[PDB]
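Lab note: Solute carrier family 22 member 12, dotinurad bound.
Position 1 is the first residue of the sequence, and the numbers go up from there. Looking at the header, which is where the method is noted, we find electron microscopy, 3.6 Å. The figures here come from the full heavy-atom set of this structure, side chains too, leaving out hydrogens, waters and symmetry mates. Remember, it's 1-based here, ligands and their atoms both numbered in the order they're listed.
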Amino acid sequence: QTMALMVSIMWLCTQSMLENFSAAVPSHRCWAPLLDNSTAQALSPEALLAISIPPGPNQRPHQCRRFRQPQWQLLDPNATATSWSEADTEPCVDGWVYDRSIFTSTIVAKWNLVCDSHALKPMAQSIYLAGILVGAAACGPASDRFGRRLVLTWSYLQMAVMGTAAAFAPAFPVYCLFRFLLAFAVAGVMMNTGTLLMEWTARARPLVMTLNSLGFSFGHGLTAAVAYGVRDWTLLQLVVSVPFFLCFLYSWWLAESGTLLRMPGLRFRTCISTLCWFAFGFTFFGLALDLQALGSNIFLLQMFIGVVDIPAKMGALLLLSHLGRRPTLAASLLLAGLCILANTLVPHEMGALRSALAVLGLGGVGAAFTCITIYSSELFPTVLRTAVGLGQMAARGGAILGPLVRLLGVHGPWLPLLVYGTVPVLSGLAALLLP
Ligand SMILES: O=C(c1cc(Cl)c(O)c(Cl)c1)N1CS(=O)(=O)c2ccccc21
């Protein structure tokens, strides 16, 4: 049934977007004696925070440095500001405390993802996407040998097990391994769902496709409410993985009640298709995992993303039927690129406009994915149609490289978004030359 696959892809969407909320970084500072000790520390907590922690980014108290001694010189206005020396600070060693207003417990606040380990969250996303790649590369022969239903049930069981395991992970490497196995099973489910929806009915192939995307969509759209309802990441992952335990009931139908010629042949079409897939995967998995910086409210941002991505990718099929395949694809790619570029061009004070631009860019990359996945079925004849698998592998590689460019935020907060806006523009300019 199509409804079962839609529910499955919606829950896989919740599992995928779980990383955007469980790895959210709140405003943090490390333990200070004049702010977290007993009453003897004294009134005016802002003055205590100012004299105990030097200023930092965005004219805020430094989230990564603490004063070893209380600097009373900055509190009295008669003295010159920024008079403290660098030697008076200590490397924020006494452990970090986090704001429990928005999120009560996250993977950043649990394992102390701080300056020295700030690359762990993008490294965790990269490990997840590498697990996705390994699963997509491995479950192929497994599905061809052991059957699609058996590997589907095994992947569902693995998703459930790894979800319940990562919900209670005591260490960071163990959590990374759990996420790697969960991503392996996610990729297995993805491959099986794609292989089944490609040939269950198909003329109706574009309709079925539009459909699994209206899918991941209703998804991010429902995962925002789930993240808003459950403030603890452990119980959040638990209640996200329980639906997979429920879907495991359909195992065994209720108990019975090669192709390397894609590179030399059509090399131009092959490289262009792989470039578009790489660009889409890169942009999507680089933007959909850092929504905290793209908007002011992550939940409202995701809800707006979904409610605007529904009609865009709905009319994407009308555009494909009326205007063609290449023109609408190039137009959507250029629109997404221009939106992500204007997201950096606009100042950060226009939060609503930044959120709107991010939503428009995500809708554009979704429409571009729809266009390219409809066009890949006609770029190559039946003899060459594993070009689709090669494009999928290229998109997975782009997804993997996605979080790796986010490390450039030290050189500037706009560089990752600058790349996320520049890559789709070049992708559309290259796809414009398609026949
Ligand atoms: O990862 C993939 C993916 C990769 C390949 Cl190679 C595929 O063939 C397919 Cl169908 C999906 N995503 C991530 S997503 O947000 O679910 C999402 C939403 C909409 C379209 C694709 C897609």
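Copies included, the model assigns dotinurad to ligand 1.
Among UniProt's transmembrane segments of chain A, counted from the N terminus, heavy-atom distances below 4.0 Å from dotinurad (ligand 1) occur for 4, 5, 7, 8, 10, 11.
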